[PDB]
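Read the sequence lines top to bottom; their chains are A, B, and onward. Here chain A follows the PDB entry for its numbers: 20-64, 77-260, in order, are the residues you see. The numbering of chain B matches the PDB entry: 20-64, 77-260, in order. Counting starts at 1 for both ligands and their atoms, in listed order.
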There are 2 protein chains.
Amino acid sequence: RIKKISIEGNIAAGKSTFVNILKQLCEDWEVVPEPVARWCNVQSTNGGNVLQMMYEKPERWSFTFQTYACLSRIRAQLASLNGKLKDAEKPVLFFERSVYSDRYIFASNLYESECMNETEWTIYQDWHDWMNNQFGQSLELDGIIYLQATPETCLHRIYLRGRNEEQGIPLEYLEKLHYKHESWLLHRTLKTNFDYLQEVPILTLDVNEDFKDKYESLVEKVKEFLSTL
Amino acid sequence: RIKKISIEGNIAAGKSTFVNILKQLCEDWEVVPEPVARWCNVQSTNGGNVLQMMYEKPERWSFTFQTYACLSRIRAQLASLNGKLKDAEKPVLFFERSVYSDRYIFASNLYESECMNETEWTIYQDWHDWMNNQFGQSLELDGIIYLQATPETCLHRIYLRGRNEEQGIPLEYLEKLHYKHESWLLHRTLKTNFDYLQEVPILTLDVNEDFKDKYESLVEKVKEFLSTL
Ligand SMILES: Nc1ncnc2c1ncn2[C@@H]1O[C@H](COP(=O)(O)OP(=O)(O)O)[C@@H](O)[C@H]1O
Ligand SMILES: Nc1ncnc2c1ncn2[C@@H]1O[C@H](COP(=O)(O)OP(=O)(O)O)[C@@H](O)[C@H]1O
Ligand SMILES: Nc1ccn([C@@H]2O[C@H](CO)[C@@H](O)[C@@H]2O)c(=O)n1
Ligand SMILES: Nc1ccn([C@@H]2O[C@H](CO)[C@@H](O)[C@@H]2O)c(=O)n1
Ligand SMILES: [Mg+2]
Ligand SMILES: [Mg+2]
């Protein structure tokens, strides 16, 4: 009954900014953010900063981070689905990213960059497949909103936000991530193991311009898109 | 309906040897071995040998191994419970170790030995807790059989078996593991997060003598124990 929409975009493209205007548009809309602050202070459900560990030494910490982030996402998304939104009249749940970008964008890029070895990559995919067989059904997407921004725009927006753990990220890394997003969501040439994704509707929104100026037109396009689903 | 018994013991104490005589005693008995050969050639459900990686560089590979081994165990134990044993008249499933020894013996010892750091140890426990909340119920134990052998006997039995990945294991490591088994299963002073375990019945069998000579008396004690459950 709940419609599920993933918001996808590169680092600092503006996913959280876009997420922060959604609830005011309709009482039956809910959001599941990525728990980025929790990845910076690991505590059981003062701790280690696993996001910082990955960026400081990615060949050591990528597998650990990638497994922890994706599990944390699944847990949060399931918590929202099984909560009070279940009761609303026209419920829509918006996710800040998906299990699909965790694997096909982030973890795949780190494997390709030799930050995971063959063993790590095999274990990660085996784990991801199993987690999706146990839960993929309830989290299946009805639509994707792709917030498209240049990697140079994203690099500027990392500076604007000032999240400590991201200040060292080089343009080269954001560029690699950009081309993976374009392959998946614009050209639709990135192959995955989840056949339904090749037909899921995608709304592409260019977010290179200032949000203050673009807001009204973005909202119009979102409401139109959601009326087709 | 299925009774579940964990067989616990140190490395090379003789768990597999004991497991290999059980099915011939009763048609309704089944066993779930640890998939040790699979840990030596990692393949999705020629690959990396994650058991060897842990022993070659435990401060690098302990967390990865410990997470993979425990997931692989849970998957195997669930597969056996949900299979044809479900149909038998007096079904008993024997596990070669449990999720409890994965955490409280093996992973805890590696953390204590500084082979996992605080971040790794927090992530592992958080993961273990979540996996047990999702599955702990169906895998709950009715009894434990503890195959007790000296660490010196175990060191000799590693030599006898000749598993390549274990030939370098020092007596010091087997001794640490021995005292953890004794605390958990003999003195019953090792605290866990699973309250029912402090009352689960335990049969302790001394297996320092040759199996050929001890077999008949061991079988008698097992049949007696199982009749009390
Ligand atoms: N379209 C936009 N115009 C101007 N600033 C933006 C825009 N989108 C995001 N920002 C700013 O860029 C930074 C990153 O935005 P954020 O929403 O945290 O990105 P993400 O959630 O995608 O990582 C913030 O400082 C935010 O104010
Ligand atoms: N009680 C016993 N007497 C003589 N040999 C034993 C005995 N128990 C085990 N062995 C031998 O010790 C080695 C390890 O046994 P195994 O069953 O593989 O241990 P585990 O499964 O506990 O790692 C094998 O070579 C096996 O034949
Ligand atoms: N699977 C994932 C998901 C997210 N991340 C990273 O988390 C931070 C916040 O989005 C960003 O720095 C970056 O996207 C990641 O590395 N891998
Ligand atoms: N949680 C676990 C379980 C098992 N092991 C190791 O696997 C091998 C076969 O029992 C043995 O070398 C050793 O017991 C481990 O290190 N950690
Ligand atoms: Mg965000
Ligand atoms: Mg064995």
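Modeled at ligand 3 is a drug that PDB records call cytarabine.
Here, the chain sharing the greatest number of close atom pairs with cytarabine (ligand 3) is referred to in the PDB entry as Deoxycytidine kinase. Counting only heavy atoms under 4.0 Å, the other chains near cytarabine (ligand 3) are A.
Residues of chain A that UniProt annotates as binding substrate and that have a non-hydrogen atom under 4.0 Å from cytarabine (ligand 3): A:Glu53, A:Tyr86, A:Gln97, A:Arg128, A:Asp133, A:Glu197. Result: the UniProt active-site residue of chain A nearest to cytarabine (ligand 3), with minimum heavy-atom distance to 1 Å, is A:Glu127, 6 Å.
For A:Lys34, the heavy-atom gap to cytarabine (ligand 3) stays at 4.0 angstrom or more. This PDB entry assigns chain A to the organism Homo sapiens.
The distance from cytarabine (ligand 3) to the heavy atoms of A:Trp58 drops below 4.0 Å at these ligand atoms: 4 (C), 7 (O). For A:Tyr135, no heavy-atom contact with cytarabine (ligand 3) is shorter than 4.0 Å. Of the residues that UniProt lists as binding ATP in chain A, those with a heavy atom under 4.0 Å from cytarabine (ligand 3) are the following: A:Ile30. Inclusion of A:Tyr204 in the set of residues having an N or O under 3.5 Å from an N or O of cytarabine (ligand 3) is not warranted. At a 3.5 angstrom cut-off on N or O pairs, A:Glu197 counts as close to cytarabine (ligand 3).
The nearest heavy-atom contact from the protein to atom 17 (N) of cytarabine (ligand 3) is A:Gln97 NE2, 3.0 Å. With the cut-off at 4.0 Å and only heavy atoms counted, the binding site of cytarabine (ligand 3) comes to A:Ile30, A:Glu53, A:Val55, A:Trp58, A:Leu82, A:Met85, A:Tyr86, A:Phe96, A:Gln97, A:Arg128, A:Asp133, A:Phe137, A:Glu197.
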